[PDB]
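Section: structure with 8-chloroadenosine.
Residues take their numbers from the sequence shown, with the count starting at 1. Computed over heavy atoms, backbone and side chain alike; hydrogens, waters and symmetry mates excluded. When a ligand or atom number is given, it counts from 1 through the structure's own listing order.
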Amino acid sequence: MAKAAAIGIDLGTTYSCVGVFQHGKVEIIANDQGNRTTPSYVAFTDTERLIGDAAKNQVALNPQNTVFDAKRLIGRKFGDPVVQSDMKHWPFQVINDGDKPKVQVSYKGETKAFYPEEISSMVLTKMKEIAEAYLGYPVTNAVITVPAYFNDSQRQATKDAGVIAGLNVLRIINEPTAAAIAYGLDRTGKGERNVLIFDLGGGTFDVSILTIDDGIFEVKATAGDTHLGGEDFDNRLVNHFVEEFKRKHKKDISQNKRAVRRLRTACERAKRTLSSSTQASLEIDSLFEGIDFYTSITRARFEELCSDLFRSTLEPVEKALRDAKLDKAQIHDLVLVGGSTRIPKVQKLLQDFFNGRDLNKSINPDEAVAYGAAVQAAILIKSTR
Ligand SMILES: Nc1ncnc2c1nc(Cl)n2[C@@H]1O[C@H](CO)[C@@H](O)[C@H]1O
């Protein structure tokens, strides 16, 4: 029953996703708000702890006590220059507990501090409960994914997050490996198969090159930008619309925190529409000083606004190829991961770079990692019996 069942969890930087493999198919499980992915956010309020959508939904009202980006801290020492640099950009407090970072917040009127693995365990507990509501019984066996570049300390702290969350961690597997499994790229028989995974998420960009030799995965190269993602594209749209509001009304809205956040969420929404329509409409009632902001933007203008950022995704692709010592024509498969890979201009730039090649994109790119983890979790629980 429950003991013969296992879930696959993509514990992402900005969003998490859970899947289950049963009756010959992967089911990506929707949360209680009907969303197939859940924000990797934990909010501490005057009455409760919120996880996911409810936590992300009140981030503007409670920024000091809304934790996100715990994955950037997990398995790291406080003195790590990555931690010291990131801390300057977070509205929540990060404290030092014997060279270990803790996020410090106000919860039910009291000061509390949490290890990154405790924050990530709250996200994992939510994914576990989302799976349990779908299945109708508690599932505790899980495969949890991590970036291919995670070291042993980061892998161990992710496993620790799983244990705190009440999950039996069958295995910690690499995100690009789970994506290659999702497309069945490890079941093509014999001979070395070179796979490139292009993973453009909400806040990070990862390029991975893998060689699959008779089911055995080998990481040949990892490249990318840990601070490039979908939210940089939302921010480019925001600057455009702030400048358009200034041209139409001779008013600067950039200082009105509420106006900027309402514009940001509307921009993120319009950006998604631009992946399937050649225009998107913004409909903001009373954006600033009672002025409605009803406008539109073409896909051509959005592509111009992010042109340099889209083009920058090709440097880590070239870098990964040189590190792996492979030319373009030596790559057998190209896999898209992350919601931002739905952007037509991004697909076109990657396909043209690989000389007109087809892209593996039939699986929802923000779901491919959980899909593969779910497949692996099923194989692993079956072998355990
Ligand atoms: N249809 C889409 N067109 C463009 N961007 C998209 C799309 N869907 C998602 Cl999710 N994202 C973005 O992916 C990230 C999460 O993986 C977020 O930045 C989200 O906006």
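Measured by close contacts, the chief partner of 8-chloroadenosine is listed under UniProt as Heat shock 70 kDa protein 1A. Around 8-chloroadenosine, within 4.0 Å by heavy-atom distance, are found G201, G202, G230, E268, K271, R272, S275, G339, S340, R342, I343.
Backbone and side-chain nitrogen or oxygen atoms of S340 are examined, and one is located within less than 3.5 angstrom of a nitrogen or oxygen of 8-chloroadenosine. The protein atom (non-hydrogen) at minimum distance from atom 8 (N) of 8-chloroadenosine is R342 NH1, 3.1 Å.
For the pair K271 and 8-chloroadenosine, the shortest N or O to N or O distance falls below 3.5 Å. Per the entry, the species of origin for chain A is Homo sapiens.
Ranking the protein heavy atoms by distance from atom 19 (C) of 8-chloroadenosine puts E268 OE2, 3.5 Å first. Closest to atom 4 (C) of 8-chloroadenosine, if we only count protein heavy atoms, is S275 OG, 3.3 Å.
The entry models no covalent bond from 8-chloroadenosine to a chain.
Measured by heavy atoms, 8-chloroadenosine lies under 4.0 Å from these UniProt ATP-binding residues of chain A: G202, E268, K271, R272, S275, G339, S340, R342. Residue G230 approaches 8-chloroadenosine through these ligand atoms, each under 4.0 Å from one of its heavy atoms: 18 (O).
Looking only at protein heavy atoms, the nearest one to atom 6 (C) of 8-chloroadenosine is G339 O, 3.3 Å. In this structure, atom 15 (C) of 8-chloroadenosine lies nearest to the protein heavy atom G202 N, 3.8 Å. Close approach of 8-chloroadenosine to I343 is summarised as follows: ligand atoms under 4.0 Å from at least one heavy atom of the residue are 4 (C).
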